[PDB]
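Solute carrier family 22 member 6, liganded with olmesartan.
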Amino acid sequence: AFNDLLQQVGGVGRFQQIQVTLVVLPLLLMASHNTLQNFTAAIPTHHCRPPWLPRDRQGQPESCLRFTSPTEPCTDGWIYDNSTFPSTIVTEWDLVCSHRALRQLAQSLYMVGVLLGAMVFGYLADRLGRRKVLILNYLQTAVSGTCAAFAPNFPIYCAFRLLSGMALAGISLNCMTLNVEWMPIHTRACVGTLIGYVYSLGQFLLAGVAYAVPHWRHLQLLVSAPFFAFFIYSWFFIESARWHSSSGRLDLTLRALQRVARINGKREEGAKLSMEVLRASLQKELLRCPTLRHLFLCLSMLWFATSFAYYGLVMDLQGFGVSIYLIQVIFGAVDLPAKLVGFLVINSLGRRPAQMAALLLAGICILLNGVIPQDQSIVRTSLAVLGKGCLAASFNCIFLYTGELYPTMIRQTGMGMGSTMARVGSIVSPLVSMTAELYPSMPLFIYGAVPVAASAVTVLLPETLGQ
Ligand SMILES: CCCc1nc(C(C)(C)O)c(C(=O)O)n1Cc1ccc(-c2ccccc2-c2nnn[nH]2)cc1
Ligand SMILES: [Br-]
C-alpha cells in the first residue's frame with residue numbers, strides 16, 4: 001500500500017508541513033478574486049451630465065434622465081461620486097442604466113472561465129502532471145490579472161478576467177489534489193478542513209486590502225501581484241509520487257520518495273527503499289447506471305442550489321445600509337460560528353436533517369429580505385448575515401455528505417463533477433441578477449426560492465450517519 005510507504009519517510013514531516021503551507025497560501029487570495037467584482041465594480045451614486053435633473057419619488061435625482069430645458073436621455077455623459085469610490089469599472093466605461101447588464105456580464109464571463117478551468121486543467125493534470133499544471137496556473141493568473149488591470153476598454157477586461165478564471169480553477173483543483181497525494185490517510189480530514197478554513201479567511205483579507213486601496217486598477221493589480229511571487233517559488237514543488245506510479249514512471253517515484261527522506265531527516269529509511277522494494281510495495285457512468293443516476297441528480301441539485309444562492313448574496317453586499325467594508329468583515333466573521341453549529345449538529349443529528357435545516361433556514365432568510373422594507377437596515381442586514389452563515393454551513397455539509405454517499409469507485413469522479421455543477425450555479429447567479437431591471441426584488445425572490453425547493457431533494461437521499 002502507498003499509504004504505509006508514505007509513512008516510511010515519516011508520514012507528516014518537515015517536507016509535508018513546508019509544502020502544504022506554501023500550496024495552501026494562495027488560497028487566501030482565491031476568495032478575493034471570486035469577490036473582487038464587488039469592490040472593483042461597485043456602483044456609486046450618479047446622475048446625468050448637464051451641458052436639469054428630475055428627481056424621483058424618493059427625493060434623489062433620477063438617474064440617466066435630464067430635462068431638455070431648465071425629458072431626454074444622457075448624451076454628454078454622467079457625473080459620479082468620488083466620496084467613497086474614487087474609481088471603479090462602472091465609472092470608467094459608463095456601465096450604468098442602459099448598460100447595467102455589462103457589469104454583471106463581467107462576473108458571468110469570469111465564472112465561465114472558472115468552469116472551463118476545472119474542465120480543461122483537470123484533464124491537463126492527468127496527462128502532464130500536478131506540479132507542472134500548478135506552475136502554469138500561478139503564472140497565468142498573474143499575467144492575466146495584471147493585464148486586466150490595464151485593460152483599455154471593456155471587452156479586453158472581460159477576456160482577461162476569463163483567463164484569470166481558468167487559472168484560478170486549476171489552482172484550487174490542484175491545491176487539494178496535490179496536498180492529499182503527499183499526505184497520509186490518517187491526516188486526510190485535517191487537510192480537508194484546513195482548505196475550507198483557509199478559504200474562509202480570504203474574506204477578511206479582501207476587506208483589509210480594499211479599504212486601503214479603493215481604486216479598481218490598483219486593487220486589481222495588488223490582488224494579482226503576489227501570484228508572480230508565488231510562481232517564483234512554485235518551481236520548488238515535488239510532484240505527487242502516487243501520480244508518477246499511475247503514469248508508469250516508478251523510477252521517478254523512487255527518486256521523489258528518496259528526496260523526501262533526506263528533507264525529513266530520516267535518510268536511513270530512504271536508503272533502504274529501492275526499486276525492488278518500491279515495486280513490491282506498490283503492486284496494487286454517473287447517468288449510465290440507474291443506481292448511481294438517481295443518486296446523482298439529488299446530489300447535483302444540492303450542489304447547484306447551494307452555490308446558486310451563495311453568489312447571489314455575496315455579490316450583492318451593497319444596498320444593506322452599511323458600508324461594504326464593514327459588511328465584508330461581518331460576512332466573513334459569521335463563517336466560523338456557522339461551521340461550529342453545523343459541525344456539532346451534523347455529528348449529533350445527522351448529515352441529512354442538518355443539510356435540510358441549513359438549506360431551508362438559508363432560503364427563508366434570503367426570501368424574507370425582499371419582503372422586509374428597505375428602511376429597516378439593521379434587521380435586513382442581520383437576516384442577510386444569518387442567511388450567509390446558513391449557506392456556508394450547507395457547503396460544509398454537502399462536501400461531507402457527497403463523499404459518504406458515493407461508492408469508492410466513483411467517489412472521486414462524483415465529487416469532481418459534483419463541484420463542477422456547483423460552478424454552473426455561480427454562472428447563472430449573475431445572469432439572474434440581470435433581471436433586476438424588470439422588478440427590483442425579483443432577483444432576491446429567486447435566490448430565496450431555489451434553496452427552499454432544494455430542501456425537498458435532501459429528503460430523497462439516504463442518511464449516512466453511523467453507516
Ligand atoms: C465558499 C465557496 C464555495 C465554492 N466556490 C466554488 C468556486 C469558486 C465556483 O470554484 C466552489 C466549487 O469549486 O464548486 N465551491 C464549492 C465548495 C464546497 C466545499 C468547500 C469546502 C468546505 C469545507 C472544507 C473544505 C472545502 C474544500 N474542499 N476543497 N476545496 N475546499 C469549498 C468549496
Ligand atoms: Br474553488
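Residue numbers count from 1 along this sequence. Numbering of ligands and ligand atoms starts at 1, following listing order. Per the header of the entry, the method used was electron microscopy, 3.5 Å.
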Notebook entry, point to check: Where do all copies of olmesartan show up in the model?
Noted result: ligand 1
Next item on the list: State which organism the entry records for chain A.
Entry: Homo sapiens
Check: For olmesartan, which transmembrane segments of chain A, in UniProt's N-terminal-first numbering, have a heavy atom under 4.0 Å away?
Finding: 4, 5, 7, 10, 11
Next item on the list: Please list other ligands or ions under 4.0 Å from olmesartan.
Entry: ligand 2 (bromide ion)
Notebook entry, point to check: Within 4.0 Å (heavy atoms only), which residues surround olmesartan?
Noted result: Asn34, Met176, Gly192, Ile195, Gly196, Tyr199, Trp303, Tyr310, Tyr311, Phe395, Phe399, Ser419, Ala422, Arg423
